[PDB]
Structure formats: structure tokens, C-alpha cells
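The first residue of the sequence shown is numbered 1, and numbering continues consecutively from there. Any value given below was found using the heavy atoms of this structure, including those in side chains, with hydrogens, waters and symmetry copies removed. In listed order, ligands and their atoms are each counted from 1.
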Amino acid sequence: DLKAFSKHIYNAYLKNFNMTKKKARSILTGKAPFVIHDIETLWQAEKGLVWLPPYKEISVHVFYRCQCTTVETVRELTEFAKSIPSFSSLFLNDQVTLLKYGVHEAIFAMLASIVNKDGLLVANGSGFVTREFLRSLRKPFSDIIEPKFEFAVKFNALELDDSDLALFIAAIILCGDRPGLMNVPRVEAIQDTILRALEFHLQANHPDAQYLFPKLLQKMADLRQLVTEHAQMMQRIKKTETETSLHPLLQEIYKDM
Ligand SMILES: O=C(O)CCCc1cc2cc(Cl)ccc2n1S(=O)(=O)c1ccc2ncsc2c1
């Protein structure tokens with residue numbers, strides 16, 4: 001039962017996400033990606049070695065590439081959530097509420113899978129952008145990604161695998177205290193099952209792990225603070241970077257945050 005639950009979620013994870021932490025760790029360790037570290041190498045990656053609204057500048061171009069990836073991750077997470085039979089039973093409007101307030105939390109948790117202290121993978125792992133380069137972009141674009149790295153570095157210390165992330169992401173999305181939920185008791189009931197499956201799965205997959213389950217519950221709270229600060233950055237960019245095109249889907253997500 002609780003094992004069949006964890007297996008069903010893990011299969012939905014494998015079936016809906018192109019880049020798993022397993023694959024990403026193969027590329028990051030060397031079992032190679034083109035390194036994008038300055039304007040010169042960025043342009044070479046665009047020509048064909050690695051790869052949108054009209055061009056504007058280098059910083060905005062990086063923004064557009066990150067924006068497209070997150071939009072794609074939003075699509076995958078939507079199919080992941082739907083692949084959970086309990087989630088699909090909720091009314092479509094409640095489904096939209098869970099995704100609205102949950103995707104960025106899941107996205108940032110999965111971002112740690114393709115990230116180390118020096119950069120992150122891009123374009124199905126065929127490229128690698130250095131943390132230095134992102135830092136050197138024009139404000140405020142250089143301030144967006146740095147808090148994600150600091151979270152990711154600490155999150156990867158836990159050394160979760162794809163089987164853990166599937167349940168961890170499922171618990172992020174099925175959060176009972178999202179604003180505007182119609183059937184709060186139903187969602188909370190689904191989350192409690194997922195959480196019980198998570199601890200159950202962690203006991204078997206990480207026997208020697210001390211406090212791993214409560215640490216993940218703290219990580220979930222961290223992710224909510226990370227998204228709150230991320231939503232503010234994006235709202236400030238909407239006000240001061242009027243020339244930067246914001247994706248309408250991400251606009252709706254941030255609309256009331
Ligand atoms: O509004 C939005 O959320 C879209 C915009 C999101 C976004 C724009 C952006 C621009 C720069 Cl110069 C640095 C980080 C940036 N981020 S991010 O930190 O959130 C990010 C970066 C890479 C990535 N690869 C899979 S996911 C994912 C997420």
C-alpha cells in the first residue's frame with residue numbers, strides 16, 4: 001500500500017521529468033557540458049553547441065532562457081501532479097490553486113539537482129553556466145539566482161535521490177494551507193498520506209539518516225520563504241524593467257503573492 005504509493009509517485013516522476021538528479025550527477029561528475037562563463041562562450045553556445053522574445057541585451061537574454069526552462073518545468077510538474085490519482089480527483093480549480101502556489105517551490109527544490117557550488121546545467125545538460133557569469137550580469141538579474149544556489153548547496157548535503165524527490169515534490173504541491181483552496185480537508189488528507197509515504201520511504205532508503213524526515217519538513221518551510229523573496233524580485237523587475245518580457249503564465253502565478 002504505502003510502498004505501492006511510493007512506487008506510483010516515483011514512476012510518475014520518472015515519466016514526466018526529462019532531467020533527473022541521476023542523469024545530472026552523471027554529467028556533473030564526468031562519466032562533457034560546454035561551459036558558458038562569459039559573453040564569448042554564451043554566444044558560442046547559442047550558435048549550435050547548446051541551442052524567445054526579441055533580443056534586448058545579454059542579461060535579459062539569460063533571463064529569457066531561464067524563463068523558458070521554468071515554464072517548461074511548470075508543464076512537467078502539472079503533468080506530474082495530474083498523474084497522482086488523488087490529485088486528479090480534486091476540482092480543476094483546486095488543482096490550479098495547488099500548482100499556482102506550489103510550482104516554484106518544487107522548481108527550486110529540483111533546481112538543486114542540476115546545481116553545484118560553481119554553476120548549473122542548461123539545455124538538457126549539454127551546457128553548464130558558471131555561477132561567476134550569473135553573478136556578473138546587470139542588476140537586478142544577477143540577484144535572482146544567488147539565493148537559489150545557497151539553498152541548493154545545503155539541500156544537496158542531504159544527498160537525496162530521485163525516489164526521495166518524487167515524494168518530496170508531491171508533498172510540496174499537495175499543501176493544505178494554500179490561499180483560496182475549496183476542499184482544505186481533502187488536500188490535507190492527501191498530503192498526510194504522501195508525508196507518511198515519505199518518512200516510510202526514507203526509513204528504508206536512508207537507514208543511517210539522522211533526522212532526515214524532520215529536516216525535509218524544515219526544507220519545505222525554507223522553500224516557501226525562498227519563493228516569497230523570489231516573487232518580490234519578479235514584481236520589482238515588472239516595475240523597473242518594463243522592457244523585459246514576462247511570461248503571462250508566470251505573471252498569473254505571481255499575481256496575488
Ligand atoms: O519568473 C520566473 O520564475 C521565471 C524566471 C526564473 C529565473 C530567471 C533568471 C535570470 C537570471 Cl540572470 C538568473 C536566475 C533566474 N531565474 S531562477 O533562479 O528562478 C532559475 C534559473 C535557472 C533554472 N533551470 C531550471 S529551473 C531554473 C530557475
(Q) Trying to sort this out: of fradafiban, lanifibranor, tamibarotene, which one is at ligand 1? (A) lanifibranor
Q: Report, using the naming of the PDB entry, the chain with the greatest number of heavy-atom pairs under 4.5 Å to lanifibranor (ligand 1).
A: Peroxisome proliferator-activated receptor delta
Q: Extract every residue of other chains having a heavy atom under 4.0 Å from lanifibranor (ligand 1).
A: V62, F63, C66, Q67, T69, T70, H104, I107, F108, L111, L120, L137, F141, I144, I145, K148, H230, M234, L250, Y254
Q) What protein heavy atom sits nearest atom 4 (C) of lanifibranor (ligand 1), and how far away is it? A) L250 CD1, 3.2 Å
Q.
Under 3.5 Å between any N/O of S59 and any N/O of lanifibranor (ligand 1): does that happen in this structure?
A. no
Q: Look only at interatomic distance and state if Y254 has a nitrogen or oxygen under 3.5 Å from any nitrogen or oxygen of lanifibranor (ligand 1).
A: yes
Q. In the protein, which heavy atom is nearest to atom 15 (C) of lanifibranor (ligand 1), and how far is it?
A. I144 CG2, 3.5 Å
**Q.** Element-labelled atoms of lanifibranor (ligand 1) that are located less than 4.0 Å from some non-hydrogen atom of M234
**A.** 1 (O)
Q | Top protein contact for atom 10 (C) of lanifibranor (ligand 1), by heavy-atom distance | A | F63 CA, 3.8 Å
(Q) Hey, quick one: which UniProt domain of chain A is doing most of the touching with lanifibranor (ligand 1)? (A) NR LBD
Q: Would you mind checking which non-hydrogen protein atom is closest to atom 24 (N) of lanifibranor (ligand 1), with the distance to 0.1 Å?
A: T69 CG2, 3.6 Å
(Q) Below 3.5 Å, N or O to N or O, backbone or side chain included: is there any such pair between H230 and lanifibranor (ligand 1)? (A) yes
Q) Which atoms of lanifibranor (ligand 1) sit under 4.0 Å from any heavy atom of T70? A) 4 (C)
